[PDB]
2 protein chains.
Amino acid sequence: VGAXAXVXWXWXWXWX
Amino acid sequence: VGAXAXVXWXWXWXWX
Ligand SMILES: [Cl-]
Ligand SMILES: [Cl-]
Ligand SMILES: [Cs+]
Ligand SMILES: [Cs+]
Ligand SMILES: [Cs+]
Ligand SMILES: [Cs+]
């Protein structure tokens, strides 16, 4: 759990 | 639903 790539908050694909 | 900021898959904070 922390910063980098995966799922959660930030930039990428999903919901706005 | 699509690409940009918010929640889902990509770069920022959460689980990797
Ligand atoms: Cl990562
Ligand atoms: Cl967006
Ligand atoms: Cs998103
Ligand atoms: Cs993200
Ligand atoms: Cs992450
Ligand atoms: Cs991560």
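We name chains A, B, ... by the order of the sequence lines, and we start the count at 1 in each one. Non-standard residues appear as parent or X here, and we don't count contacts from their extra atoms.
Out of afamelanotide, triptorelin, octreotide, ristocetin, gramicidin, the compound modeled at chain A is gramicidin. The name that the PDB entry gives to chain A is gramicidin A.
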